[PDB]
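The next PDB entry has atovaquone among its components.
Sequence lines set the chain letters: A, B, ... in the order given, protein chains first and strands last, and positions in each chain run from 1. The structure has been trimmed to a portion of the entry, and contacts are counted only among what remains. For this deposited structure, the header notes the method as electron microscopy, 3.3 Å. Keep in mind that the numbers below use all heavy atoms, side chains included, and drop hydrogens, waters and symmetry copies. Note that ligands are numbered from 1 as they come in the structure, with each ligand's atoms numbered from 1 the same way.
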Amino acid sequence: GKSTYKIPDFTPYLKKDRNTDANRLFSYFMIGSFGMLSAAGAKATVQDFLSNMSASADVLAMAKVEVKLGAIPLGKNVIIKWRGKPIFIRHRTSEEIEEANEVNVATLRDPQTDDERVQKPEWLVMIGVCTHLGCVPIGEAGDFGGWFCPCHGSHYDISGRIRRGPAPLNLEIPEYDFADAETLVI
Amino acid sequence: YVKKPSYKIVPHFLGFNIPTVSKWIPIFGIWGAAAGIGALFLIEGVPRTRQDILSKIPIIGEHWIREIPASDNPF
Amino acid sequence: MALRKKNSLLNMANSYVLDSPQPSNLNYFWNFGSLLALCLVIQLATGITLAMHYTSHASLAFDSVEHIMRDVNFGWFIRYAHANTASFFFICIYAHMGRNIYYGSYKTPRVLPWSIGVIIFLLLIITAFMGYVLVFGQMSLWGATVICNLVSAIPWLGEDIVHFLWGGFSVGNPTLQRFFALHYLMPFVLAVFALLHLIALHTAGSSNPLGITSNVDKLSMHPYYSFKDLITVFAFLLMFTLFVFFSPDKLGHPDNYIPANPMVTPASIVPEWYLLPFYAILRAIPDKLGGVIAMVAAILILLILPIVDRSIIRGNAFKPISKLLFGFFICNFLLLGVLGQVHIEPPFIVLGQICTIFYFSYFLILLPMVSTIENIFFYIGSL
Amino acid sequence: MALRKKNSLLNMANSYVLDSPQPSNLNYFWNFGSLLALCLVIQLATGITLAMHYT
Amino acid sequence: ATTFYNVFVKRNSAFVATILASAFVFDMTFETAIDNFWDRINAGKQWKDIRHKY
Amino acid sequence: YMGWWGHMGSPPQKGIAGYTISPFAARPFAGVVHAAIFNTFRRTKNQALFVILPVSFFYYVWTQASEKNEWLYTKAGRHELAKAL
Amino acid sequence: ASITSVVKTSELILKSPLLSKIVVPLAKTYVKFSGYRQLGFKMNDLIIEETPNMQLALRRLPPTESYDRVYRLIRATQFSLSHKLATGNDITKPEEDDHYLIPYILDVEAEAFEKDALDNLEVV
Amino acid sequence: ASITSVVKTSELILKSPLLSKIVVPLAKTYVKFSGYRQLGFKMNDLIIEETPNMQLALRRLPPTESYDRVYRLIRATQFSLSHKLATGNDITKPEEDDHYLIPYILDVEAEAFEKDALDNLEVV
Ligand code: HEM
Ligand code: HEM
Ligand code: HEM
Ligand SMILES: CCCCCC[C@H]1C(=O)O[C@H](C)[C@H](NC(=O)c2cccc(NC=O)c2O)C(=O)O[C@@H](C)[C@@H]1OC(=O)CC(C)C
Ligand SMILES: CCCCCC[C@H]1C(=O)O[C@H](C)[C@H](NC(=O)c2cccc(NC=O)c2O)C(=O)O[C@@H](C)[C@@H]1OC(=O)CC(C)C
Ligand SMILES: CCCCCCCCCCCCO[C@@H]1O[C@H](CO)[C@@H](O[C@H]2O[C@H](CO)[C@@H](O)[C@H](O)[C@H]2O)[C@H](O)[C@H]1O
Ligand SMILES: CCCCCCCCCCCCO[C@@H]1O[C@H](CO)[C@@H](O[C@H]2O[C@H](CO)[C@@H](O)[C@H](O)[C@H]2O)[C@H](O)[C@H]1O
Ligand SMILES: O=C1C(O)=C([C@H]2CC[C@@H](c3ccc(Cl)cc3)CC2)C(=O)c2ccccc21
Ligand code: FES
């Protein structure tokens, strides 16, 4: 009404324990719970929502591609589509296999011998996508006369091992089985 | 009698000095934990994160070892 | 008080395009900013128009672009205008960044518009690329593969991110439809950032070719620079017309008129003329992660010019040694461009590496050293 | 002077979402403006996402 | 109680770390708890409940 | 750092009288012939070395590299190419 | 970089007989080719001024020197936009290229760097 | 609409015996139900002030009246946000609901309307 030093009555609102740590802590428990549910909610929202961009159910459909081998002459490479990625199938000659078995495994970005790669020396089966950034190497070209990725100039071997250029790994080998000796499934 | 005040200038850079920064080292630690916890929490859904990180944790790790029975899996 | 000043909305326009006080001596290299604005407007107009005719589905995308060329009235114009302006956008943006580097526009107090600009430059690259992919010709599909595999460089999570960005195991329909969505979106984000870097610049005002303060002598943006910017608008449209109407395919790769075949990549892989410098950088480095880092770093390293230029003087008008260094840097960036489109063969492999080292050594070594020495030469030389 | 006031970009954000002086007695009907902003953000997020899938 | 405030709440770094770690725990336990609850209220209805016949 | 009309932030100016004439009163192309020839020659001459030096050097470098590359993929360049790979 | 840095380094060079013998002629040629004198500038007119420190130094200039600086910048801006060079009396002669500003900025920066140093003092 | 309009029209009504007999009682109940007095406002506190004319009128208020107006608006804003009504002495009693502002705005507008009229005078 008049004196400004008589603070208005605040007793209906004032907490007696206002200066305790228990008092602050309770309010922060509320703010923290709200932060915790916001964080759980955010994570759930972002996770579920962004998953729309992951491969849809219709895309996730597996191939099991079967290919003949009678067709394929010596000294040739085929390209079989499998899961949209190309599969290089080369019918390697005896002297090609020999050439592959030569390179000391020691000096190979990705050290592997042909024996590890093929399950049958006459059937180099690889996922024909370059391990650098993902082009498909042009076969028979190169400098190690296997495959050469034209995109950034990485050279693969007759084992499809990387020899020169940015590609870090050797051309991946799919899971393939010879059901017959004349047909493989991938 | 004292002829001159006795002091050195501590090395400093962009107005940070080692005394001050050393007091904040713990706090970066906690914020790094918060970033670690938070980042790992964000990618908990990523299958690789379960496979390689979360399923390896003792006791708790079994939360992330779930196999869909092959009877109910079209893929 | 004038309505243009009174009314809050008009006052914002006024402050940008009419009363904006500009230095009185900006030369023609200050015109790229408005050309980039014009490119951005052309791209939005032609782009939204192509979006009315283009089908994002991979089974139809390439054919919808042929339908645009062949059946839509003036479709040829709209398509070539969109494609060619994307090239002009990059000429203008390299010109604009060139201007900024030469005249020290990146120095205080303009580090913020510069740094926002570096992000606009990255967004333009991603926009233009995402737009390249929508044709779904041979180069389009392969470009998609490579850009979406740059995240494979990122260890562990990398491979999974790649699959997530493709929405598949390979670039296919899913990828093309999400590139369409984002290519439509990215330009509006880019226009926001373009606006923001102007708002950041509005605190300091434009730099000028002398690098001195212009606070002593300002000119209203209109009529002086409005009419000055028309000269380049018409000069730009003359060059635009020569490409769009007379040689619409000069700046294009033939291979993009082959529909995407995921089984072959063309033996002659050469990206857009404007990505060539960074592509040569990527080829130079023989490591996966290395190559990617270097290529991104070639853009991000522009962010450090504010630090590594130690000059007490803004820009190169008055620095003979810096101008020579800048000349060699620019020519090296053009050499990288050239090496981006030769075959990956001797001797250009080693040459590309030397040019890559020179590119980075400009920011890390030469600019800091030359700028230090010229400071001293100004002081000693004028005593 | 506070960064939020000094820096031109932050200062525009500041003027809208932080220091913006509002009347002290706005009731719940003043909340629709921000809900419309939230709807607009949801629509952009879900919309751009549907555009990634829609033909 | 002061101690609990001092450890987990006083430093914002610590408080945010605590909130995110709590969100982690909540997220994992809530998922599991609702899964079990959802299976109990829809018992015998869901594929997992009739799957055993096949 | 820059203000606006009225408070642009110029250090105080005194003693500069500026004079100009109306655009309608001036010939916009007065002395255009002189400028186009003599002034542009002056400005070009003064900047010539800053363009010529890097262009000529990188054109030389490109020329040498492109000539070597061409030569390596001839019959004569067989041996030098075999060493390079 | 700070003007202090530039000035101290220049003084190191001018001290060393060998260094000065090879650097002073280089720097004089550099300045001739720089060609700022052909727009009637003094070297110091070209120092970046959009900085707290420099704004403070420029406020410390005597009114005379300050007015003349404004004039030289206006005049140079006019030469620049006309694509002309100074002629006659407008060209800065080597004897007129005085470091009018260097003393002021060195004082400003001396204090600023002392302030930074003393903000980091440790009682022993 | 202008306050002048409202005031002149009100005076036409109060003049006419019939009109006042039927309108004054209506207007008094309208004001009771309006309920601005329950937030401690005088009628005049509710007049829109974001116009040139009203700003001028408010600047013309005597300091006392002006300070009291600020207080009533602050207090009413506080009632509003608390969703409480005035009680006791805060409720505006009919005798306190004085048109403190009407004389000032009528003078402002009188001049503004004379100005408009005289801007359109024709020498005969
Ligand atoms: C969409 C692309 C862009 C547009 C439309 C744009 C537009 C403009 C405009 C209109 C100006 C003011 C006038 C001018 O100086 O030309 C300007 C200035 C500037 N821009 Fe850009 N810009 C763009 C991209 C960039 C990029 C990529 C950078 C930096 C990497 C950049 C950095 C700057 C800087 C530093 C300035 C201040 C330069 C100065 O006036 O001294 N801009 N821009
Ligand atoms: C910076 C703005 C833009 C740039 C740099 C840009 C760049 C490009 C490029 C390089 C292409 C490849 C063109 C070709 O070779 O055919 C393209 C295609 C396309 N752009 Fe854009 N674009 C931009 C803005 C937009 C916008 C706003 C839209 C709105 C949808 C759009 C829609 C399209 C469409 C539909 C295509 C594919 C049809 C075609 O190839 O012509 N673009 N864009
Ligand atoms: C104000 C913002 C928006 C409003 C009010 C709005 C409204 C709607 C509505 C009513 C539909 C019909 C939905 C249905 O019944 O299925 C729809 C569909 C669609 N909207 Fe939006 N939308 C908005 C923003 C956007 C934006 C930014 C995009 C970006 C592309 C977008 C993309 C779509 C797409 C692709 C569809 C068709 C797919 C569908 O029906 O779900 N929308 N929108
Ligand atoms: C209509 C009001 C909306 C405000 C934004 C619109 C545009 C705007 O501000 O235009 C101005 C004309 C501006 N030029 C300059 O600053 C300028 C300054 C100095 C010298 C010259 N030239 C020299 O000889 C200039 O050209 C310009 O071209 O910048 C665009 C990019 C702006 O677009 C945006 O940021 C929004 C979006 C369209 C990118
Ligand atoms: C981030 C920098 C850009 C600035 C714009 C961002 C948004 C912005 O200004 O936020 C504010 C929070 C604003 N609300 C208010 O003014 C506000 C004022 C009084 C009371 C309440 N509520 C009462 O209880 C309010 O909520 C709001 O919701 O407006 C959005 C629409 C704005 O977005 C845009 O316009 C851009 C686009 C997303 C629509
Ligand atoms: C910056 C943010 C960090 C990156 C964000 C990560 C985006 C993608 C991460 C996870 C998305 C896919 O990850 C996957 O998410 C879906 C939900 O969406 C979960 O799926 C689980 O919950 C959903 C409902 O919630 C059920 O339909 C499903 O049967 C069940 O397995 C998977 O258990 C998880 O492995
Ligand atoms: C979501 C995309 C939107 C991006 C645009 C981002 C910002 C949103 C609006 C900015 C455009 C107008 O914002 C502009 O900023 C200035 C300076 O802060 C504001 O100015 C406001 O705050 C300043 C200081 O805080 C006061 O002196 C002034 O009285 C007040 O009007 C104005 O509101 C407006 O003229
Ligand atoms: O191998 C490549 C390749 O490397 C790029 C490159 C070059 C520019 C790169 C880039 C430059 C700068 C930034 Cl900030 C980001 C990416 C993007 C990838 C392509 O655009 C390309 C297009 C078509 C087929 C193959 C390719
Ligand atoms: S893409 Fe295979 S070499 Fe880089």
What are all the ligands or chains assigned to atovaquone?
ligand 8
I keep wondering which chain grabs atovaquone the most here. What name does UniProt give it?
Cytochrome b
Find all other chains that place a heavy atom under 4.0 Å from atovaquone.
A, C
Heavy-atom contacts of atovaquone within 4.0 Å:
A:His152, C:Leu122, C:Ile125, C:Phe129, C:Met139, C:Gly143, C:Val146, C:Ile147, C:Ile269, C:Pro271, C:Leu275, C:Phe278, C:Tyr279, C:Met295, C:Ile299
I'm looking at chain A - what's the name for it in the entry?
Cytochrome b-c1 complex subunit Rieske, mitochondrial
Got a sec? Which transmembrane segments of chain C (UniProt, counted from the N terminus) put a heavy atom under 4.0 Å from atovaquone?
3, 6
